[PDB]
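Heads up, this one has nintedanib in it.
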Amino acid sequence: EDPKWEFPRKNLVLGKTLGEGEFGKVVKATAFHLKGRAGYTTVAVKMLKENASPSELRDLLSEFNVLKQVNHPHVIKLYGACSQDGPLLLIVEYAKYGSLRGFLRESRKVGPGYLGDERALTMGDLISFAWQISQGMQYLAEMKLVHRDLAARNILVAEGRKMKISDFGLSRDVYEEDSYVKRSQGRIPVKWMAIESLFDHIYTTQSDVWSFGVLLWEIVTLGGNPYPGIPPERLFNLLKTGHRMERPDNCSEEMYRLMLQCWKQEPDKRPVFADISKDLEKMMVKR
Ligand SMILES: COC(=O)c1ccc2c(c1)NC(=O)/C2=C(\Nc1ccc(N(C)C(=O)CN2CCN(C)CC2)cc1)c1ccccc1
């Protein structure tokens, strides 16, 4: 019911489903006189499914709450909400290329594809994508937020192939003690979770770093599936015994070193996002 965000329901027109997010459906839409931009502006709208649970409603409200506060070139934007005359709707930035996972998988088969024109991809483009994400995460970490669900499916690729971190439904503030801890089992897919989150239910910026490492692996494999062929229940023993994903095919030694650093068992031995950004900057420049 926030005046600064509430948008007239009659000014919003919903269209096709773009996909489904962790708490609901995302549809393409158009908004008339959005934040005083004349005419219609193409947007996306996040809504709840009819059979929504209280968790899913709470996740929608928590994404709204987080995105009201944050503003960065590599974080997807919140524009407004419709809460009054029917179903709860979040009005968010449209990202024309869809998810990073989708975009990279398409590059295997489409356009000039991966080489080593938005459809032409080089290893420089891939380092750039990772750098943009790291910059967003560095800012979110400064804002004492922990995303918790960092993954290629939760990064969007917008006009100009600009990275936008999205899907904040599981994100949490860590104001005090710099950790988020939950007694109950989490809803993040096991394959992206830091070892201490999996065993101890502890989430910090350093566990986002772990997930960032899994995202780096997804990036260099052009949307590969982590721990391929390994059932999720096996990760408990696999990680505990010090195993990690192997170096992928078109991954440099330096890129793999960075991944391994992100997956250090000891969270304070992992790089912070500021340093990851620095590592990626020197990779882009040593070309
Ligand atoms: C806080 O804000 C958010 O959290 C948030 C979350 C998602 C999106 C968003 C904001 N803003 C967008 O634009 C989003 C998506 N946009 C999109 C755009 C283009 C496509 N593309 C390329 C299609 O081709 C569409 N196509 C997909 C396949 N099906 C079968 C038919 C429709 C697909 C998604 C998208 C939504 C669902 C999941 C993945 C991404």
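Throughout, residue positions are numbered sequentially from 1 according to the sequence presented. What you see below is based on every heavy atom in this structure, not just the backbone, and it leaves out hydrogens, waters and symmetry mates. If you check the header, you will see the structure was determined by X-ray crystallography, 1.9 Å. Read the numbers this way: they start at 1 and go in the same order the structure lists the ligands and their atoms.
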Which instances in the model belong to nintedanib?
ligand 1
Chief binding partner for nintedanib (ligand 1) by contacts (from the PDB entry):
Proto-oncogene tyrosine-protein kinase receptor Ret
Which residues, given by chain and number, touch nintedanib (ligand 1) within 4.0 Å on a heavy-atom basis?
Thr17, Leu18, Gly19, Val26, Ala44, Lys46, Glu63, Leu67, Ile76, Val92, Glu93, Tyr94, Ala95, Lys96, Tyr97, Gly98, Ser99, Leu156, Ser166, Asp167
Report the UniProt active-site residue in chain A closest to nintedanib (ligand 1), along with the least non-hydrogen distance to 1 Å.
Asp149, 10 Å
Wondering about overlap here: which UniProt-listed ATP-binding residues of chain A have a non-hydrogen atom under 4.0 Å from nintedanib (ligand 1)?
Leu18, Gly19, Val26, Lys46
Would a search of protein heavy atoms around atom 12 (C) of nintedanib (ligand 1) find one under 4.0 Å away?
yes
Can you list the nintedanib (ligand 1) atoms lying under 4.0 Å from a non-hydrogen atom of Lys96?
19 (C)
Taking only heavy atoms of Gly19 into account, list the atoms of nintedanib (ligand 1) that are under 4.0 Å away from them.
37 (C)
Any non-hydrogen protein atom below 4.0 Å of atom 24 (O) of nintedanib (ligand 1)?
no
Under-4.0 Å protein heavy-atom contact, atom 16 (N) of nintedanib (ligand 1)
yes
Report the UniProt domain in chain A where most residues contacting nintedanib (ligand 1) lie.
Protein kinase
I need the atoms of nintedanib (ligand 1) closer than 4.0 Å to a non-hydrogen atom of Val92, numbered in the order shown.
1 (C), 2 (O), 10 (C)
Consider every N or O of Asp167 and every N or O of nintedanib (ligand 1), then say whether any pair is closer than 3.5 Å.
yes
With only distance considered, is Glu93 within less than 3.5 Å of nintedanib (ligand 1) through an N or O on each side?
yes
UniProt-listed semaxanib binders, chain A, heavy atom within 4.0 Å of nintedanib (ligand 1):
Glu93, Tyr94, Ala95
Under 4.0 Å to a heavy atom of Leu67 - the qualifying atoms of nintedanib (ligand 1), by number
1 (C)
For nintedanib (ligand 1), which atoms sit closer than 4.0 Å to a heavy atom of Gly98?
17 (C), 18 (C), 19 (C), 20 (C), 33 (C), 34 (C)
Is_contact(atom 27 (C) of nintedanib (ligand 1)), protein non-hydrogen, under 4.0 Å:
yes
Need the nintedanib (ligand 1) atom indices (1-based, order shown) with element for anything under 4.0 Å from a heavy-atom of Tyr94.
13 (O), 18 (C)
Among all protein non-hydrogen atoms, which one is nearest to atom 9 (C) of nintedanib (ligand 1), and what is the separation to 0.1 Å?
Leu156 CD1, 3.3 Å
Which residue and heavy atom of the protein sit nearest atom 29 (N) of nintedanib (ligand 1), plus the separation
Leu18 O, 4.5 Å
Going by distance only, is there an N or O of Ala95 that falls short of 3.5 Å from an N or O of nintedanib (ligand 1)?
yes
Can you find an N or O of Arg153 that's nearer than 3.5 Å to an N or O of nintedanib (ligand 1)?
no
Polar pairs, nintedanib (ligand 1) vs protein, N/O only, below 3.5 Å.
from: nintedanib (ligand 1); atom 1: 4 (O); to: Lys46; atom 2: NZ; distance (Å): 2.8
from: nintedanib (ligand 1); atom 1: 4 (O); to: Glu63; atom 2: OE2; distance (Å): 3.4
from: nintedanib (ligand 1); atom 1: 4 (O); to: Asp167; atom 2: N; distance (Å): 3.1
from: nintedanib (ligand 1); atom 1: 4 (O); to: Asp167; atom 2: OD1; distance (Å): 3.3
from: nintedanib (ligand 1); atom 1: 11 (N); to: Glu93; atom 2: O; distance (Å): 2.8
from: nintedanib (ligand 1); atom 1: 13 (O); to: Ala95; atom 2: N; distance (Å): 2.9

